> 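Dropping a structure here in C-alpha coordinates format, bear with me for questions.
For the single chain, residues carry numbers from 1 onward in sequence order. Both counts, for ligands and for their atoms, begin at 1 and track the order of listing.
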Amino acid sequence: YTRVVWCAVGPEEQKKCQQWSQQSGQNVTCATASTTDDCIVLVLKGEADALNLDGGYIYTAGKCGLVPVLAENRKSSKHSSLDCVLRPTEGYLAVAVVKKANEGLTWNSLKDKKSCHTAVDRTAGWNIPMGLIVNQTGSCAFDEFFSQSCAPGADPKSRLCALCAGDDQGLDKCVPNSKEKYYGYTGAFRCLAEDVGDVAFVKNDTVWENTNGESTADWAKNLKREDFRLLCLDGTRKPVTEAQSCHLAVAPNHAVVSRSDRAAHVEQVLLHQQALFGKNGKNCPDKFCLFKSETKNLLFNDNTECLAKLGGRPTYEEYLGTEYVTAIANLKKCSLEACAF
Ligand SMILES: *[C@@H]1O[C@H](CO)[C@@H](O[C@@H]2O[C@H](CO)[C@@H](O[C@@H]3O[C@H](CO)[C@@H](O)[C@H](O)[C@@H]3O)[C@H](O)[C@H]2NC(C)=O)[C@H](O)[C@H]1NC(C)=O
Ligand SMILES: *[C@@H]1O[C@H](CO)[C@@H](O[C@@H]2O[C@H](CO)[C@@H](O)[C@H](O)[C@H]2NC(C)=O)[C@H](O)[C@H]1NC(C)=O
Ligand SMILES: *[C@@H]1O[C@H](CO)[C@@H](O[C@@H]2O[C@H](CO)[C@@H](O)[C@H](O)[C@H]2NC(C)=O)[C@H](O)[C@H]1NC(C)=O
Ligand SMILES: CC(C)Cc1ccc([C@H](C)C(=O)O)cc1
Ligand SMILES: [Fe+3]
Ligand SMILES: [Zn+2]
Ligand SMILES: [Zn+2]
(Lines of atoms letter the chains of each structure in order from A and count residues from 1; the text may use other names and numbers.)
(Lines give C-alpha, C1' and ligand atoms only; values in the text may rest on other atoms or scores of the structure.)
(Ligands and ions follow the chains in the order given, each with its own letter.)
Protein backbone atom coordinates (compact mmCIF):
# COMPACT_ATOMS: atom_id res chain seq x y z
CA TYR A 1 0.00 0.00 0.00
CA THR A 2 3.28 1.00 -0.08
CA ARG A 3 4.01 4.74 0.16
CA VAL A 4 4.43 6.27 3.67
CA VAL A 5 4.12 9.93 4.65
CA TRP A 6 6.46 10.75 7.50
CA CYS A 7 5.56 13.73 9.75
CA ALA A 8 8.49 16.07 10.42
CA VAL A 9 8.48 18.54 13.33
CA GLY A 10 9.95 21.88 12.27
CA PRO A 11 12.19 22.99 9.42
CA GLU A 12 15.40 20.97 10.12
CA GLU A 13 13.48 17.68 10.42
CA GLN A 14 11.81 18.73 7.19
CA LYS A 15 15.21 19.09 5.53
CA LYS A 16 16.35 15.68 6.73
CA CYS A 17 13.01 14.15 5.69
CA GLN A 18 13.16 15.55 2.11
CA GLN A 19 16.63 14.04 1.79
CA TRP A 20 15.31 10.65 2.99
CA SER A 21 12.38 11.15 0.63
CA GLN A 22 14.73 11.59 -2.37
CA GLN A 23 16.97 8.59 -1.52
CA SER A 24 13.95 6.35 -0.91
CA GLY A 25 12.61 6.93 -4.44
CA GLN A 26 9.52 8.61 -2.97
CA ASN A 27 8.82 5.45 -1.02
CA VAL A 28 8.68 7.92 1.91
CA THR A 29 7.41 11.47 1.57
CA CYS A 30 7.16 14.30 4.14
CA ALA A 31 4.48 16.33 5.86
CA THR A 32 5.76 19.04 8.26
CA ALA A 33 4.18 20.60 11.35
CA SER A 34 5.38 23.12 13.97
CA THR A 35 4.81 20.81 16.91
CA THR A 36 4.51 17.19 17.78
CA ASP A 37 0.83 17.59 18.82
CA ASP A 38 0.16 18.97 15.37
CA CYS A 39 1.88 16.03 13.67
CA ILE A 40 -0.31 13.80 15.89
CA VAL A 41 -3.40 15.59 14.45
CA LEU A 42 -2.11 15.02 10.84
CA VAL A 43 -1.82 11.25 11.59
CA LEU A 44 -5.41 11.08 12.98
CA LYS A 45 -6.74 12.90 9.93
CA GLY A 46 -4.84 10.46 7.75
CA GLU A 47 -2.89 13.26 6.12
CA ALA A 48 0.40 11.69 7.48
CA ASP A 49 1.28 8.07 8.47
CA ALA A 50 3.91 7.97 11.20
CA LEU A 51 6.50 9.71 13.28
CA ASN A 52 8.80 8.68 16.14
CA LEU A 53 7.71 9.95 19.59
CA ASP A 54 9.05 10.23 23.10
CA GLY A 55 6.94 8.25 25.68
CA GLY A 56 5.03 11.35 27.07
CA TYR A 57 3.68 11.87 23.55
CA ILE A 58 2.93 8.14 23.10
CA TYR A 59 0.49 8.78 25.97
CA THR A 60 -1.28 11.70 24.17
CA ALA A 61 -1.42 9.79 20.91
CA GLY A 62 -2.58 6.55 22.45
CA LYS A 63 -5.57 8.19 24.09
CA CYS A 64 -6.45 9.29 20.51
CA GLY A 65 -6.24 5.72 19.19
CA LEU A 66 -2.68 5.69 17.76
CA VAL A 67 -0.51 2.60 18.36
CA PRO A 68 3.16 1.85 18.95
CA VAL A 69 4.60 0.17 15.87
CA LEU A 70 8.38 -0.14 16.22
CA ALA A 71 10.76 1.02 18.99
CA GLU A 72 14.23 2.65 18.99
CA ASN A 73 16.90 0.22 20.17
CA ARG A 74 20.57 1.02 21.08
CA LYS A 75 23.83 -0.89 21.91
CA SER A 76 22.97 -3.23 24.77
CA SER A 77 25.72 -4.71 26.89
CA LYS A 78 23.44 -7.74 27.84
CA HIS A 79 21.36 -9.53 25.07
CA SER A 80 24.47 -10.41 22.80
CA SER A 81 24.18 -11.84 19.23
CA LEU A 82 20.33 -11.63 19.25
CA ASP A 83 19.60 -9.54 16.14
CA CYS A 84 18.90 -5.87 16.95
CA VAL A 85 15.49 -6.01 15.25
CA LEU A 86 14.33 -8.76 17.66
CA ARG A 87 16.10 -7.64 20.82
CA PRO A 88 13.91 -6.32 23.68
CA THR A 89 14.37 -2.58 24.30
CA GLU A 90 16.18 -1.70 27.56
CA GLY A 91 14.72 1.74 28.47
CA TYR A 92 16.75 4.82 29.15
CA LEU A 93 17.76 6.52 32.33
CA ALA A 94 16.20 9.84 33.18
CA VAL A 95 18.70 11.97 35.19
CA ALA A 96 19.08 15.49 36.68
CA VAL A 97 22.48 16.99 35.83
CA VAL A 98 24.32 19.92 37.48
CA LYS A 99 27.77 21.55 37.16
CA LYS A 100 30.22 20.26 39.66
CA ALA A 101 31.30 23.83 40.50
CA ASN A 102 27.79 24.53 41.74
CA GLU A 103 28.61 23.07 45.13
CA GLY A 104 25.88 22.10 47.54
CA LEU A 105 23.06 22.01 44.95
CA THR A 106 21.22 18.70 45.52
CA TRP A 107 17.66 17.30 44.91
CA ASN A 108 16.72 18.84 48.25
CA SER A 109 17.81 22.42 47.28
CA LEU A 110 16.30 22.73 43.77
CA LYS A 111 13.63 25.18 44.89
CA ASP A 112 14.00 28.60 43.29
CA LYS A 113 16.91 27.50 41.01
CA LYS A 114 16.96 27.73 37.22
CA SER A 115 15.98 24.59 35.24
CA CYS A 116 16.38 23.28 31.64
CA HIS A 117 13.77 20.84 30.29
CA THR A 118 13.52 19.05 26.95
CA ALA A 119 9.91 20.30 26.31
CA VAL A 120 6.65 20.22 28.23
CA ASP A 121 5.13 16.65 28.16
CA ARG A 122 8.37 14.72 27.50
CA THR A 123 9.41 11.80 29.72
CA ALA A 124 12.88 12.72 31.10
CA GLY A 125 12.46 16.48 30.61
CA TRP A 126 9.02 17.02 32.15
CA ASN A 127 6.85 14.09 33.22
CA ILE A 128 9.39 12.42 35.52
CA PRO A 129 10.99 15.38 37.23
CA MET A 130 7.71 17.36 37.68
CA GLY A 131 5.61 14.35 38.80
CA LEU A 132 8.23 13.82 41.49
CA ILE A 133 8.20 17.49 42.52
CA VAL A 134 4.35 17.76 42.62
CA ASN A 135 4.31 14.55 44.69
CA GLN A 136 6.93 15.99 47.02
CA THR A 137 5.62 19.49 47.55
CA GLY A 138 2.09 18.07 47.63
CA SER A 139 1.32 21.08 45.39
CA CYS A 140 0.16 21.53 41.71
CA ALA A 141 1.93 24.84 41.28
CA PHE A 142 4.94 23.41 39.36
CA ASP A 143 4.99 26.77 37.47
CA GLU A 144 6.24 28.35 40.69
CA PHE A 145 8.86 25.91 41.84
CA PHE A 146 11.83 27.04 39.76
CA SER A 147 12.47 30.74 39.63
CA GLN A 148 13.15 30.58 35.84
CA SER A 149 13.07 27.84 33.26
CA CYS A 150 13.39 26.91 29.66
CA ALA A 151 10.46 24.45 29.13
CA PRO A 152 9.72 24.60 25.39
CA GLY A 153 5.97 24.34 24.87
CA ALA A 154 4.79 26.48 27.88
CA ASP A 155 3.51 30.11 27.64
CA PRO A 156 6.29 32.19 26.07
CA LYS A 157 5.31 34.99 28.47
CA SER A 158 5.57 32.81 31.65
CA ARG A 159 8.66 32.09 33.78
CA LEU A 160 8.66 28.60 32.32
CA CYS A 161 9.90 30.17 29.02
CA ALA A 162 12.13 32.89 30.54
CA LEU A 163 15.42 30.98 29.83
CA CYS A 164 14.59 30.00 26.22
CA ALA A 165 16.47 31.69 23.44
CA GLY A 166 14.56 31.19 20.13
CA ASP A 167 16.40 30.80 16.83
CA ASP A 168 19.36 32.51 15.01
CA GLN A 169 17.30 35.68 14.97
CA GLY A 170 15.70 35.53 18.39
CA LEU A 171 12.38 34.40 16.85
CA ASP A 172 10.21 31.47 17.92
CA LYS A 173 11.23 31.63 21.61
CA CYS A 174 10.06 28.52 23.49
CA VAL A 175 8.58 26.61 20.42
CA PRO A 176 8.80 22.90 21.07
CA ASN A 177 10.78 22.10 17.93
CA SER A 178 14.51 22.35 17.18
CA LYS A 179 14.33 26.03 16.07
CA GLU A 180 14.44 26.79 19.84
CA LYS A 181 18.17 26.78 20.72
CA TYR A 182 17.49 24.88 24.08
CA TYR A 183 14.96 22.38 22.80
CA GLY A 184 15.26 18.65 23.22
CA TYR A 185 17.85 16.48 24.93
CA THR A 186 20.74 18.41 23.30
CA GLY A 187 19.28 21.95 23.85
CA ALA A 188 18.54 21.35 27.55
CA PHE A 189 22.08 20.01 28.14
CA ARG A 190 23.35 23.11 26.28
CA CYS A 191 21.18 25.31 28.48
CA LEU A 192 23.12 23.87 31.43
CA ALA A 193 26.61 23.85 29.81
CA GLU A 194 26.39 27.57 28.98
CA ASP A 195 25.19 28.25 32.56
CA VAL A 196 21.80 29.53 31.61
CA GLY A 197 20.15 27.07 34.04
CA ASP A 198 21.37 25.32 37.22
CA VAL A 199 19.87 21.86 36.38
CA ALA A 200 19.06 19.93 33.22
CA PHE A 201 16.61 17.09 33.01
CA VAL A 202 17.85 14.80 30.27
CA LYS A 203 18.65 11.10 29.98
CA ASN A 204 22.03 9.41 30.77
CA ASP A 205 23.14 9.22 27.09
CA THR A 206 23.06 12.97 26.56
CA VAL A 207 25.90 13.75 28.97
CA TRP A 208 28.22 11.16 27.27
CA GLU A 209 27.38 12.17 23.72
CA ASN A 210 28.21 15.80 24.30
CA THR A 211 31.35 15.60 26.47
CA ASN A 212 35.03 14.60 26.25
CA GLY A 213 35.21 15.15 22.49
CA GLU A 214 32.10 13.19 21.36
CA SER A 215 30.29 16.26 19.92
CA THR A 216 32.45 18.83 17.91
CA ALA A 217 29.76 21.49 18.30
CA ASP A 218 31.36 24.78 19.27
CA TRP A 219 29.52 24.94 22.70
CA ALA A 220 30.42 21.32 23.46
CA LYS A 221 34.14 21.04 22.21
CA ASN A 222 35.57 21.77 25.65
CA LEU A 223 33.08 20.03 27.90
CA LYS A 224 34.50 17.37 30.33
CA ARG A 225 32.39 14.65 32.03
CA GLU A 226 34.19 15.23 35.33
CA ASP A 227 32.65 18.76 35.27
CA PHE A 228 29.18 17.43 35.88
CA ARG A 229 27.33 15.64 38.62
CA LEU A 230 24.00 13.71 38.71
CA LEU A 231 21.50 14.50 41.43
CA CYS A 232 20.11 11.41 43.20
CA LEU A 233 16.81 11.09 44.97
CA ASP A 234 18.41 10.43 48.40
CA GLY A 235 19.99 13.96 48.51
CA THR A 236 23.43 12.95 47.18
CA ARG A 237 25.53 13.85 44.12
CA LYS A 238 27.37 11.37 41.94
CA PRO A 239 29.80 11.30 38.97
CA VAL A 240 28.07 10.74 35.76
CA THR A 241 29.55 7.22 35.66
CA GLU A 242 27.02 6.21 38.45
CA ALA A 243 23.77 6.52 36.56
CA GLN A 244 22.76 2.88 37.19
CA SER A 245 22.38 3.89 40.82
CA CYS A 246 21.51 7.65 40.69
CA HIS A 247 18.60 8.20 38.23
CA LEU A 248 15.04 9.55 38.60
CA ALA A 249 13.48 6.68 36.61
CA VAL A 250 13.94 4.33 33.65
CA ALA A 251 12.00 5.59 30.59
CA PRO A 252 10.35 3.58 27.82
CA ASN A 253 12.19 3.99 24.52
CA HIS A 254 10.93 6.42 21.80
CA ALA A 255 8.76 4.46 19.35
CA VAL A 256 7.21 4.96 15.88
CA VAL A 257 3.44 5.44 16.15
CA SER A 258 0.73 5.19 13.46
CA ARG A 259 -3.02 4.85 13.23
CA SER A 260 -3.94 1.19 13.98
CA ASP A 261 -5.44 0.70 10.50
CA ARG A 262 -1.98 1.73 8.94
CA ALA A 263 0.30 -0.06 11.42
CA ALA A 264 1.07 -3.19 9.32
CA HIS A 265 1.85 -1.19 6.28
CA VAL A 266 3.97 1.40 8.10
CA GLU A 267 5.84 -1.46 9.80
CA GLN A 268 6.70 -3.26 6.50
CA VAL A 269 8.09 -0.15 4.76
CA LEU A 270 10.30 0.88 7.77
CA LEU A 271 11.98 -2.55 8.14
CA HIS A 272 12.95 -2.23 4.46
CA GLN A 273 14.00 1.39 4.84
CA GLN A 274 16.33 0.49 7.71
CA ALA A 275 17.77 -2.43 5.67
CA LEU A 276 18.97 0.39 3.31
CA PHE A 277 19.73 3.49 5.55
CA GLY A 278 20.28 1.99 9.03
CA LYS A 279 23.61 1.22 10.77
CA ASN A 280 25.07 -1.53 8.57
CA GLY A 281 22.71 -0.64 5.79
CA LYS A 282 23.30 -1.15 2.11
CA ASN A 283 23.31 2.60 1.53
CA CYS A 284 24.16 4.14 4.75
CA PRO A 285 27.60 5.41 5.29
CA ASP A 286 27.82 6.46 1.53
CA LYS A 287 24.42 7.79 0.22
CA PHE A 288 22.26 8.33 3.34
CA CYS A 289 22.04 7.47 7.05
CA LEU A 290 18.62 7.54 8.80
CA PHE A 291 20.13 7.60 12.33
CA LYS A 292 22.66 10.37 11.78
CA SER A 293 22.09 14.22 12.01
CA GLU A 294 25.18 15.68 13.76
CA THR A 295 24.04 15.20 17.45
CA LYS A 296 20.76 16.91 16.64
CA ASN A 297 18.56 13.83 16.95
CA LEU A 298 16.47 14.74 13.88
CA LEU A 299 13.52 12.34 13.34
CA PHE A 300 15.34 9.59 15.34
CA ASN A 301 17.86 9.74 18.16
CA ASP A 302 21.46 9.76 16.82
CA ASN A 303 22.34 6.76 18.99
CA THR A 304 19.73 4.43 17.51
CA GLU A 305 21.26 1.10 16.33
CA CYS A 306 17.95 -0.08 14.86
CA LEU A 307 14.15 0.03 15.00
CA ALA A 308 12.93 -3.13 16.76
CA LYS A 309 9.66 -5.14 16.48
CA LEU A 310 7.64 -5.17 19.66
CA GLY A 311 6.31 -8.66 20.69
CA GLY A 312 3.19 -8.98 22.85
CA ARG A 313 1.67 -6.74 20.20
CA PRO A 314 1.45 -4.20 23.00
CA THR A 315 -1.17 -1.52 23.44
CA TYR A 316 0.24 1.97 24.16
CA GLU A 317 -0.50 1.28 27.92
CA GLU A 318 1.35 -1.95 27.96
CA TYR A 319 4.13 -0.36 25.95
CA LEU A 320 4.57 2.43 28.46
CA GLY A 321 3.87 0.26 31.57
CA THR A 322 1.49 0.74 34.59
CA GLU A 323 4.39 2.40 36.53
CA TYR A 324 4.75 5.19 33.92
CA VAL A 325 1.03 5.61 32.97
CA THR A 326 -0.16 6.21 36.52
CA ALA A 327 2.59 8.82 37.05
CA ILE A 328 1.28 10.85 34.00
CA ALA A 329 -2.43 10.49 34.90
CA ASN A 330 -1.60 11.85 38.37
CA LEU A 331 0.53 14.75 37.00
CA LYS A 332 -2.10 15.69 34.40
CA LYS A 333 -4.61 16.21 37.19
CA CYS A 334 -2.80 19.47 37.87
CA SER A 335 -3.32 20.87 34.32
CA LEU A 336 -10.23 11.39 33.69
CA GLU A 337 -9.79 9.86 30.19
CA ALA A 338 -10.01 11.42 26.69
CA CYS A 339 -8.23 12.27 23.46
CA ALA A 340 -7.07 15.88 24.20
CA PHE A 341 -8.10 16.51 20.57
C1 LIG B 1 3.15 10.44 42.73
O2 LIG B 1 2.28 9.84 43.66
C3 LIG B 1 1.20 9.11 43.11
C4 LIG B 1 0.24 8.78 44.25
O5 LIG B 1 0.91 7.92 45.16
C6 LIG B 1 1.76 7.87 42.37
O7 LIG B 1 0.66 7.14 41.84
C8 LIG B 1 0.24 5.95 42.55
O9 LIG B 1 1.12 4.93 42.14
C10 LIG B 1 0.97 3.71 42.86
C11 LIG B 1 2.27 2.89 42.77
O12 LIG B 1 2.88 3.00 41.50
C13 LIG B 1 -0.33 2.98 42.47
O14 LIG B 1 -0.58 1.91 43.38
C15 LIG B 1 -0.40 0.48 43.08
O16 LIG B 1 0.94 -0.02 42.95
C17 LIG B 1 1.02 -1.41 43.27
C18 LIG B 1 2.48 -1.89 43.26
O19 LIG B 1 2.73 -2.94 42.33
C20 LIG B 1 0.14 -2.22 42.31
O21 LIG B 1 0.08 -3.55 42.80
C22 LIG B 1 -1.28 -1.66 42.11
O23 LIG B 1 -1.84 -2.22 40.95
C24 LIG B 1 -1.32 -0.13 42.00
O25 LIG B 1 -0.93 0.26 40.70
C26 LIG B 1 -1.50 4.01 42.60
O27 LIG B 1 -2.61 3.69 41.80
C28 LIG B 1 -1.22 5.49 42.32
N29 LIG B 1 -2.14 6.21 43.19
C30 LIG B 1 -3.03 7.14 42.82
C31 LIG B 1 -3.95 7.65 43.91
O32 LIG B 1 -3.14 7.59 41.67
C33 LIG B 1 2.74 8.34 41.26
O34 LIG B 1 3.54 7.28 40.77
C35 LIG B 1 3.71 9.45 41.71
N36 LIG B 1 4.25 10.19 40.58
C37 LIG B 1 5.51 9.96 40.22
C38 LIG B 1 5.92 10.34 38.83
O39 LIG B 1 6.33 9.42 40.99
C1 LIG C 1 10.25 1.33 -3.27
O2 LIG C 1 9.26 0.39 -2.87
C3 LIG C 1 9.08 -0.80 -3.63
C4 LIG C 1 8.15 -1.70 -2.81
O5 LIG C 1 8.76 -2.10 -1.60
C6 LIG C 1 10.41 -1.51 -3.99
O7 LIG C 1 10.29 -2.34 -5.17
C8 LIG C 1 10.42 -3.73 -4.73
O9 LIG C 1 11.73 -4.05 -4.26
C10 LIG C 1 11.74 -5.26 -3.53
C11 LIG C 1 12.97 -5.37 -2.62
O12 LIG C 1 14.13 -4.93 -3.29
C13 LIG C 1 11.57 -6.37 -4.57
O14 LIG C 1 11.79 -7.68 -4.08
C15 LIG C 1 10.14 -6.23 -5.11
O16 LIG C 1 9.85 -7.27 -6.02
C17 LIG C 1 9.95 -4.83 -5.73
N18 LIG C 1 8.58 -4.71 -6.25
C19 LIG C 1 7.51 -4.09 -5.74
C20 LIG C 1 6.92 -4.61 -4.44
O21 LIG C 1 6.99 -3.14 -6.34
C22 LIG C 1 11.67 -0.61 -4.06
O23 LIG C 1 12.78 -1.38 -3.62
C24 LIG C 1 11.63 0.67 -3.20
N25 LIG C 1 12.72 1.59 -3.57
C26 LIG C 1 13.68 2.11 -2.77
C27 LIG C 1 14.86 2.69 -3.50
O28 LIG C 1 13.67 2.18 -1.53
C1 LIG D 1 24.92 6.04 29.75
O2 LIG D 1 25.05 6.34 28.40
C3 LIG D 1 26.27 6.03 27.74
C4 LIG D 1 26.19 6.59 26.33
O5 LIG D 1 25.28 5.76 25.66
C6 LIG D 1 26.51 4.51 27.75
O7 LIG D 1 27.83 4.21 27.37
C8 LIG D 1 27.95 3.56 26.09
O9 LIG D 1 27.72 2.18 26.28
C10 LIG D 1 27.91 1.32 25.16
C11 LIG D 1 27.65 -0.13 25.59
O12 LIG D 1 26.60 -0.24 26.53
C13 LIG D 1 29.32 1.51 24.56
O14 LIG D 1 29.54 0.76 23.36
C15 LIG D 1 29.60 2.98 24.24
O16 LIG D 1 30.94 3.13 23.78
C17 LIG D 1 29.30 3.92 25.42
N18 LIG D 1 29.27 5.27 24.85
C19 LIG D 1 30.05 6.34 25.14
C20 LIG D 1 29.75 7.62 24.38
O21 LIG D 1 30.95 6.35 25.98
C22 LIG D 1 26.37 4.03 29.19
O23 LIG D 1 26.46 2.63 29.29
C24 LIG D 1 25.09 4.51 29.86
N25 LIG D 1 25.25 4.16 31.24
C26 LIG D 1 24.30 3.50 31.84
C27 LIG D 1 24.60 3.17 33.29
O28 LIG D 1 23.24 3.21 31.23
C1 LIG E 1 11.90 -0.53 31.10
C2 LIG E 1 11.03 0.04 29.97
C3 LIG E 1 11.78 -0.04 28.63
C4 LIG E 1 9.63 -0.60 29.99
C5 LIG E 1 8.45 -1.44 30.44
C6 LIG E 1 8.21 -1.65 31.81
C7 LIG E 1 7.11 -2.41 32.21
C8 LIG E 1 6.24 -2.97 31.26
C9 LIG E 1 5.06 -3.80 31.67
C10 LIG E 1 4.02 -3.87 30.55
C11 LIG E 1 4.55 -2.91 32.78
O12 LIG E 1 5.37 -2.34 33.55
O13 LIG E 1 3.32 -2.77 32.90
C14 LIG E 1 6.49 -2.76 29.89
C15 LIG E 1 7.58 -1.99 29.49
FE1 LIG F 1 12.53 10.89 25.87
ZN1 LIG G 1 15.92 2.48 39.02
ZN1 LIG H 1 -0.93 -7.26 25.29
> Which drug or candidate compound lies at ligand 4?
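Answer: ibuprofen.
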> What does UniProt call the chain that holds ibuprofen (ligand 4) with the greatest number of close contacts?
Lactotransferrin
> Has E323 got any heavy atom lying under 4.0 angstrom from an atom of ibuprofen (ligand 4)?
no
> What's the shortest distance from atom 1 (C) of ibuprofen (ligand 4) to any protein heavy atom, and which residue and atom give it?
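The answer is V250 CG2, 3.4 Å.
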> For atom 10 (C) of ibuprofen (ligand 4), which protein heavy atom lies nearest, and how many Å away is it?
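Residue, atom and distance for the closest contact: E318 O, 3.1 Å.
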> Touching ibuprofen (ligand 4) at all, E317? Heavy atoms, strictly under 4.0 Å?
no
> Would you mind telling me if ibuprofen (ligand 4) is within reach of the side chain of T322, the backbone, both or neither, using heavy atoms under 4.0 Å?
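Answer for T322: both.
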> Say whether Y319 and ibuprofen (ligand 4) are in contact under the criterion: heavy-atom distance to a ligand atom below 4.0 Å.
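True for this residue.
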> Which UniProt domain of chain A has the most residues touching ibuprofen (ligand 4)?
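Most residues touching ibuprofen (ligand 4) lie in the UniProt domain Transferrin-like 2.
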> Which residue supplies the protein heavy atom nearest to atom 3 (C) of ibuprofen (ligand 4), what is that atom called, and how far is it?
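Going atom by atom, the protein heavy atom closest to atom 3 (C) of ibuprofen (ligand 4) ends up being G91 CA, 3.4 Å.
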> Quick one: which ibuprofen (ligand 4) atoms are inside 4.0 Å of a heavy atom on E90?
1 (C), 3 (C)
> Just go through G321, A71, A251 and tell me whose heavy atom is the nearest to atom 7 (C) of ibuprofen (ligand 4).
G321
> Which residues are in the binding site of ibuprofen (ligand 4), using 4.0 Å as the heavy-atom cut-off?
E90, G91, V250, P252, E318, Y319, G321, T322
